[PDB]
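The structure to be discussed contains efavirenz.
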Amino acid sequence: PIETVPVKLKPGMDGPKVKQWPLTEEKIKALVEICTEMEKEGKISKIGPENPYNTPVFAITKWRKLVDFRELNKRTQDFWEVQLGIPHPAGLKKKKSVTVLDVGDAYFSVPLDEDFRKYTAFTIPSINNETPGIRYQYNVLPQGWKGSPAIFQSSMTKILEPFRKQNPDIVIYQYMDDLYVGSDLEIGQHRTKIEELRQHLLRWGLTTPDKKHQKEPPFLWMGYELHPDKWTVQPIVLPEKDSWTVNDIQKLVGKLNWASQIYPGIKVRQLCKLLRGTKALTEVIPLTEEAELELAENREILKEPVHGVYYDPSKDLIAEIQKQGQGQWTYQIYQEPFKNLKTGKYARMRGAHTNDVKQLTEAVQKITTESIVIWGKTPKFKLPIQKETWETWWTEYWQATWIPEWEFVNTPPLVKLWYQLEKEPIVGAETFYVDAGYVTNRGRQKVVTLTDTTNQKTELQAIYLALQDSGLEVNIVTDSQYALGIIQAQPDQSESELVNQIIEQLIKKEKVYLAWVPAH
Amino acid sequence: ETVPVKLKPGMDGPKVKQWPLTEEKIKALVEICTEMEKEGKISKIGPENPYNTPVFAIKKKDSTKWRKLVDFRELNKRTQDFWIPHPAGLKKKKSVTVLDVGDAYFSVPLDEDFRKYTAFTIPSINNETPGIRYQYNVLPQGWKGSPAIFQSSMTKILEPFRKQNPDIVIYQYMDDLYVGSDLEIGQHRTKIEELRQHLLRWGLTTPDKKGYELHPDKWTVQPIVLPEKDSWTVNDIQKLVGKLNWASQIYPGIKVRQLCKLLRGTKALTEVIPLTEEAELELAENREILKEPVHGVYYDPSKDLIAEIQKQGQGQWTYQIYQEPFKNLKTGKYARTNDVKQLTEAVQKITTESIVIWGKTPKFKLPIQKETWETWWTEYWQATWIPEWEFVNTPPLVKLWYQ
Ligand SMILES: O=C1Nc2ccc(Cl)cc2[C@@](C#CC2CC2)(C(F)(F)F)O1
């Protein structure tokens, strides 16, 4: 039927010459039957002992022929990656009706590069010992071989190609041995095209199940539950118990996460806290009062089904973003007011310290990136930030950045800049020279020496001290380019406590001028 | 008719991940490629071909058509070297116009055993389809081998116009053609257009680009500067001493002893300090030392060209082209649109200058997050080449010492 895909071994390498394991006469028997039916169908063919190559085989009444091609595969060229990523459901279009077609005898319908067959040679032992065994070789795509998946996919799409142009209404997504066919056709006309397809495939030896022997919606797929006009995630059930093991908690969190893409409100902050210090996947962690509350809240949220709507090219994509806790963002992408195509969370803490502006901006990128991936275009953004505030940070920051069309949305908590460094020294404000203590222009000083502290950490401490003892307005002079940079980036949150302490001071001051000067 | 090109010994073909594209661009590439296929420039390929090079679609400024841009960067680094030396005269021309002689490669076939390596893919939205894959049959635009292999036919196809009016210095870098001269702005665009027809009578319709001209003759370096303050506060001086101290790394002649003295004890920042004859003279010297680039900075062709860029805010940027730290071969600036649009315009601007001056593109160090650059750079980029680049987090210290 189809033209063959030329194949070659990896360079330098030669075909496999691996020993055929001993086989029971019952195994020998079952195999000769299976192998004679396959020679009757042409899948394989008998060859003479001139072929020095060989792949091991075995059998696993119920009998089946399993050929071990791992060795050959080690020697077989690399092929173009069989379908890398898979379409997120939020990116599919709404269909009136859809039919999934399972393709049987898939690989058993595509010839094999003649020039390559010899390399797939294998041998089944003859019952009588005096006599030699039978040597065959595949003429089709051998289940288990390296290129089969890719060579098959290729062919398929080459086969669907025509039918497709003759049916511009119908949408077909190919996935492994499945064939998802959808349309906006009336129930009757749909089942007809489907049968058309089924024959267009049969025409090349491709066999699929008929109308009664076909799976019907919703299609549970790759962790989702797909309807023709809507989707959702596979049903999620939060176990009930009083003894949670570290492993238990991890799986719970994992599940909880897979849900955020549709269920808004899911939180894991507290359940994740339970993993601190854990010493074995089988260690038991009692649920804190906050964790119990979280679980309960998620149970409830999960209790009532939610569902994602499909992409409607006609309309615009809107992405809305909110802050739901320090370093915690939530967003949703819709086209029609509140009809969510998809939702999600972002907690990515990029860098040791940041602020809501940098973070928020980083969320736009992720969202933007996945939007282009799922829909091919970027969504208009509705952000809890004012354009003035963004631009303030914009120009200040030494790093370039861009945010597509977006409109401010007055939905607390609005993201802001809790403090800003005066660009010029303050007249009349005391001056603190810091190097682990400090000296002011007003004669004041305090040299403290702390136990257990990094050099980098000793600096911030001094600056900290300085802030603590200073009035509402203060000028600070450090030789630490580090702390300078840190504070200069105007963080509002830090993993370090010191920082946070300092940030507290900054927010409190009326005016702070930070200056750097080389040491020594 | 094909010339046997190979890869550097032992190297395999590129397998570069294709960055997600927008439906707008993809469609553009579909039309484009469906036509290159129709013309046998490219051909659909099968699964036995595991290679890949990223492809993109950029627009031609003041032109309605889209352009397929292929990131052969990975490939070009793995392609066998080929054994005209860069003209030190071009940089000295009054005006250089840049042309897109890319369509010229479209005739020369590509050695069939090398074709597989030029494989690329047109992604599909949401992976709802496997995505269209092709390879080239003719010399591809952007591939290092193309200009080389076509070196010959070019020399010939240019030999007449070359010696006809040799008062012009023509130069080829990849798909581009840099045409320099000293004609008057009018007499230039004239003989400039003529070359365009002389080439039409040989291969492509060849459109110029950036349609404007460069004026290398006027490219001036940006020396380190110092605040010309009327009165000097303790702060002013500190920023001064500091900047100086940093610039001493490059100019050993610089001194601050007298300036540092003006900063005795624990003085209040805003305290205005009057400058002392001694120091005042020391400053003027330093200032005088900075009036020009540090001596002994020669371009070593065996080394790569690095280009760092900084954001000074206000839509203004500073850059430095060098090979060895503190030994910059050049510096300048760019002014304003948004942050990304500006950076690309700069990168491209700096690369063009680099090509004219050294006939080589530099390795950039961009102050941006990869994912952001990857997302928008193709939005304003219009050059036919793509420099190598990296992503850094510049210290607001070095940014406080330029411009
Ligand atoms: O674009 C659409 N619309 C759609 C709507 C409902 C369902 Cl259940 C399936 C689809 C579909 C698909 C698919 C595979 C990914 C699952 C189909 F191709 F139509 F089959 O892609």
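As listed: the chains are lettered in turn, A, B, ..., one for each sequence line. Shown for chain A, in order and in the PDB entry numbering: 4-63, 69-443, 455-539. Here chain B follows the PDB entry, giving residues 6-88, 94-220, 231-356, 362-428 in order. Every heavy atom of this structure was used, including side-chain atoms; hydrogens, water molecules and symmetry mates were not. Counting starts at 1 for both ligands and their atoms, in listed order. Method of determination (from the header): X-ray crystallography, 2.5 Å.
- The chain with the most heavy-atom contacts to efavirenz in this structure is named in the PDB entry as HIV-1 RT, A-chain.
- Other chains whose heavy atoms approach efavirenz within less than 4.0 Å: A.
- Of the heavy atoms in A:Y318, only side-chain atoms (C-beta onward) come closer than 4.0 Å to efavirenz.
- At least one heavy atom of A:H235 lies less than 4.0 angstrom from efavirenz.
- The protein heavy-atom contact nearest to atom 13 (C) of efavirenz is A:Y188 CB, 3.7 Å.
- The molecule name the entry attaches to chain B is HIV-1 RT, B-chain.
- Residue, atom and distance of the protein heavy atom nearest to atom 11 (C) of efavirenz are A:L100 CD1, 4.3 Å.
- Residue nearest to atom 19 (F) of efavirenz, selected from A:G190, A:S191, A:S105: A:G190 (by heavy-atom distance).
- Here A:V179 has heavy atoms under 4.0 Å from efavirenz in both its backbone and its side chain.
- Taking each of A:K102, A:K238, A:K101, A:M230 in turn, the one with a heavy atom nearest to atom 3 (N) of efavirenz proves to be A:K101.
- Residue-ligand proximity: A:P236 is placed with a non-hydrogen atom under 4.0 Å from efavirenz.
- Residues of other chains with a heavy atom under 4.0 Å from efavirenz: A:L100, A:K101, A:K103, A:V106, A:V179, A:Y181, A:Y188, A:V189, A:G190, A:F227, A:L234, A:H235, A:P236, A:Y318.
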